[PDB]
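What follows is a single structure, written as structure tokens, with notes after it.
Throughout, residue positions are numbered sequentially from 1 according to the sequence presented. Both counts, for ligands and for their atoms, begin at 1 and track the order of listing. Computed over heavy atoms, backbone and side chain alike; hydrogens, waters and symmetry mates excluded. If you check the header, you will see the structure was determined by X-ray crystallography, 1.6 Å.
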Amino acid sequence: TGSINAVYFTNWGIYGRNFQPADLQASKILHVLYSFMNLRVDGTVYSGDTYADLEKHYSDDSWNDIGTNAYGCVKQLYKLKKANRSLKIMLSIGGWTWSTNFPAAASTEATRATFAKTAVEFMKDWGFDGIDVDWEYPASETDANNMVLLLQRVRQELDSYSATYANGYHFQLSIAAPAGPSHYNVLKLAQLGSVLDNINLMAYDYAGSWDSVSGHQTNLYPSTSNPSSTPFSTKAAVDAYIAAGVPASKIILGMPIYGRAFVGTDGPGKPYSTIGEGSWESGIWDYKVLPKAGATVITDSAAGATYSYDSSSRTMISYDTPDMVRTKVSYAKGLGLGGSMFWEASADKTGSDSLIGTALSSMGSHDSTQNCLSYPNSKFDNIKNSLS
Ligand SMILES: Cn1c(=O)c2c(ncn2C)n(C)c1=O
Ligand SMILES: Cn1c(=O)c2c(ncn2C)n(C)c1=O
């Protein structure tokens with residue numbers, strides 16, 4: 001019953017962004033994509049921040065617990081799982097920055113087995129509900145085939161783990177997927193659709209500093225009036241995936257909780273001086289600070305995009321408004337897509353202007369699939385006891 005509402009939570013969001021797991025709208029999210037784990041060329045998955053993942057003590061945490069115990073974001077997320085049964089926690093591996101070793105990690109039966117075995121080990125120790133593989137991106141036909149083999153080996157490991165320790169609980173397996181044809185045309189889409197529970201389409205980052213002209217970063221449709229503003233489109237991607245034999249219900253529509261800026265520009269599809277400053281890096285702004293004073297919010301209904309434009313500073317910021325999220329959900333419903341996904345949690349507004357909340361309101365009811373609260377093989381005593 002219901003729709004998927006998947007949200008990236010970054011483990012570095014606990015520093016400088018001061019965004020802790022407890023701040024999530026846990027009752028409005030069915031999948032937390034907990035990001036990221038790193039990996040070696042030999043397939044070994046590992047924590048890139050044990051402090052954030054496991055060791056940080058929140059005000060509730062004791063220093064003198066009996067045995068070996070999990071703290072950090074892991075314990076915090078598990079707390080949320082107990083209180084919100086539709087909340088699945090996914091172990092996200094790789095990502096934009098940590099995809100360099102994927103080709104090698106997927107390359108042999110031995111490396112794929114290591115990746116399986118180490119990934120599931122984290123899942124079963126940390127009390128998570130599945131694995132999300134974010135390989136950006138397979139380059140060759142060999143990589144594409146290896147990706148399928150890797151995912152099948154992970155599926156095998158999840159199934160065997162579950163038969164032994166989870167009474168057949170169906171742990172989940174997903175990927176972050178490209179909306180760029182140069183990348184999705186490499187993938188074995190039909191095979192991916194068969195093996196995976198969900199395919200989270202990264203329907204954003206269509207425009208930025210790498211473009212000669214400003215553009216819409218997350219538009220639904222090609223612009224016929226101003227095509228230089230739309231180098232990509234969600235529609236082309238979704239159509240390609242569905243035509244390939246990917247079940248629409250497994251496709252989850254990614255949406256940005258941030259804006260991409262073009263400073264010193266006449267508007268979409270123009271010349272721009274610089275991407276300018278940002279919230280945490282140049283040219284990217286947290287949704288929660290948009291729109292800025294002096295900027296007007298513009299809707300291009302034909303392209304299916306919103307953006308702010310400030311004509312005095314000649315600054316365009318490409319981002320999704322709540323009413324853009326509503327429009328996108330309506331598009332997704334028409335195609336029978338499985339739900340929504342967001343990058344990333346910390347930047348969202350509160351109350352009704354939350355993009356995460358807006359999406360769920362538009363979607364209707366939340367995915368009823370129950371999480372797992374039984375981890376009898378966890379090396380952490382508190383996790384094995386379900387924090388009871
Ligand atoms: C760094 N990074 C990612 O790694 C990523 C993403 N969307 C999906 N992934 C995996 N976004 C927007 C991102 O900025
Ligand atoms: C072009 N691009 C990026 O530049 C990017 C990203 N995620 C993070 N970054 C930085 N994605 C998904 C992306 O398509």
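The drug observed at ligand 1 carries the PDB name caffeine. Structurally, the greatest contact with caffeine (ligand 1) is made by what the PDB entry calls Chitinase. If you number the atoms of caffeine (ligand 1) from 1 as listed, the ones under 4.0 Å from a heavy atom of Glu136 come out as 9 (N), 10 (C). Lab note - ligands/ions near caffeine (ligand 1) (< 4.0 Å): ligand 2 (caffeine).
From the protein, the heavy atom lying nearest to atom 4 (O) of caffeine (ligand 1) is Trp96 N, 3.0 Å. The protein heavy atom nearest to atom 7 (N) of caffeine (ligand 1) is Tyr204 OH, 2.8 Å. Proximity of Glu344 to caffeine (ligand 1) is not established, as no heavy-atom distance is less than 4.0 Å. Residue contacts with caffeine (ligand 1) do not include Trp98, since none of its heavy atoms lies under 4.0 Å from the ligand. Near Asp134, the atoms of caffeine (ligand 1) lying under 4.0 angstrom from a non-hydrogen atom of the residue are 10 (C). The contact set between caffeine (ligand 1) and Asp205, taken as ligand atoms under 4.0 Å from a residue heavy atom, comprises 12 (C). Taking a cut-off of under 4.0 Å to the non-hydrogen atoms of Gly95, the atoms of caffeine (ligand 1) that pass are 4 (O). The protein heavy-atom contact nearest to atom 8 (C) of caffeine (ligand 1) is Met202 SD, 3.2 Å. On the PDB entry, the origin listed for chain A is Bionectria ochroleuca. The distance from caffeine (ligand 1) to the heavy atoms of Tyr258 drops below 4.0 Å at these ligand atoms: 12 (C). Binding site of caffeine (ligand 1), heavy atoms within 4.0 Å: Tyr8, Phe36, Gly95, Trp96, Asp134, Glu136, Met202, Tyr204, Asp205, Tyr258, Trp343.
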